[PDB]
Amino acid sequence: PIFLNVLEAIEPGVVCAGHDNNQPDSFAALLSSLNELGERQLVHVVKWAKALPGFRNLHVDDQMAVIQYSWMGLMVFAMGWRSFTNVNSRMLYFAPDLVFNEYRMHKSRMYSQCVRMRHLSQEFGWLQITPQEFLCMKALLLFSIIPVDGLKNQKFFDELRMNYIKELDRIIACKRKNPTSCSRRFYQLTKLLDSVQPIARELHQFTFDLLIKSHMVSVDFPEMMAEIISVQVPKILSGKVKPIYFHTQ
Ligand SMILES: C[C@]12CC[C@H]3[C@@H](CCC4=CC(=O)CC[C@@]43C)[C@@H]1CC[C@@H]2O
Ligand SMILES: O=C(O)c1cccc(CSCc2ccc(Cl)cc2Cl)c1
Ligand SMILES: O=C(O)c1cccc(CSCc2ccc(Cl)cc2Cl)c1
C-alpha cells in the first residue's frame, strides 16, 4: 500500500495560530490571527505538496500555481476534518489556540461561512469518512483548480490528476464486493469534494474584500497571504482560474 504509506507519512502535524486568547474577541484580532494561521499553514502545505507522489513531474511554475490556487480549499477541508475529530464538529477547530465557538463566529463577521464550514465538517461524520478517504480526498483537492487556458504543461497535470482519482477509487474499493456500494460511495465522495469549492470561493471573496479595506479595519495580513490574495485570488474572482467540478453545478 505504497501510495497511502506516503500520504500517511507526509501529513502535517498540529499548527498553532499564535492567538493570544487573553485578548478580548474582536474582529481585528480574530481575523489577524486567522491570517497568521494561514501564513503558517502555507509553509506546511508547500512542504507537503512537494513530497506528494508525482508532484515534481509538474513544471516548476505549475507547482507554485496549483498550490497558490488551491490552498484555501485544502485548508478548509483539513480544518473540517480537525473539527470533526477533536470536537465532533460542534465548533471550528482552526488550531488548538483558535477554536471558534458561536461568539467567535458572529464577531469574525463570517457567521454564514462558518456555518457552511461546520456543515462541511459534519459531513465527515454523516458519511463516516475513514482517515484513508480523507487523505486521498485532500490530495485531490491540490489538483482541483486551474486556469481556463491551462497550465505550462497541462498534459502532465491531467495524468497526475487522473492517477489521484484512481487512488481514491482504490481506497473506497479495498473493502467491498457487490458494487451498488462502491458506486454509491464514489458518488458521495465526489459530491463532497465538489462541495468544498463554493465555500472556498465565498472565503476567496471575503478575504479579498478584507485585504482591500484592511487598513481601515486594523486587520494584519502577513507577506505571503497579502501577496497571494492580491496576485492570485483575483484570477479566481475574475474567472480566469476555475475549479474542476466532478458533477455539473
Ligand atoms: C483567508 C482567511 C485567513 C486564513 C483562514 C481563512 C478561513 C479558513 C482557514 C482555515 C484554516 O484552518 C487555516 C486558515 C484559513 C485559511 C480566512 C478567511 C478570511 C481570512 O482572511
Ligand atoms: O516558498 C514558499 O514558502 C511559498 C510560498 C507561497 C507559495 C508557494 C508556492 S511555491 C512551490 C514551489 C514549486 C517549485 C519550486 Cl522550485 C519552489 C517552490 Cl517554493 C511557495
Ligand atoms: O503512486 C501513485 O499512485 C501515483 C500517483 C500520482 C502520480 C503518480 C505518477 S504520475 C506523473 C505523470 C506525469 C506526467 C505524465 Cl505524461 C505521466 C505520469 Cl505517470 C503515481
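The chain is numbered in sequence order, starting from 1. Counting convention: from 1, in listed order, for ligands and their atoms alike. Just so you know, these numbers use all the heavy atoms, side chains as well, and skip hydrogens, waters and symmetry mates.
The drug located at ligand 1 is named testosterone. Counting heavy-atom pairs under 4.5 Å, the chain with the most contacts to testosterone (ligand 1) is listed in UniProt as Androgen receptor.
Protein heavy atom closest to atom 4 (C) of testosterone (ligand 1), with residue, atom name and distance, is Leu34 O, 3.2 Å. Listed by number with element, the atoms of testosterone (ligand 1) under 4.0 Å from a non-hydrogen atom of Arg82 are 12 (O). Of all atoms in testosterone (ligand 1), numbered sequentially from 1 with element shown, those under 4.0 Å from a heavy atom of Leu31 are 19 (C), 20 (C). Short contacts between testosterone (ligand 1) and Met79, defined as distances under 4.0 Å to a heavy atom of the residue, involve ligand atoms 12 (O).
Most of what chain A uses to contact testosterone (ligand 1) comes from UniProt domain NR LBD.
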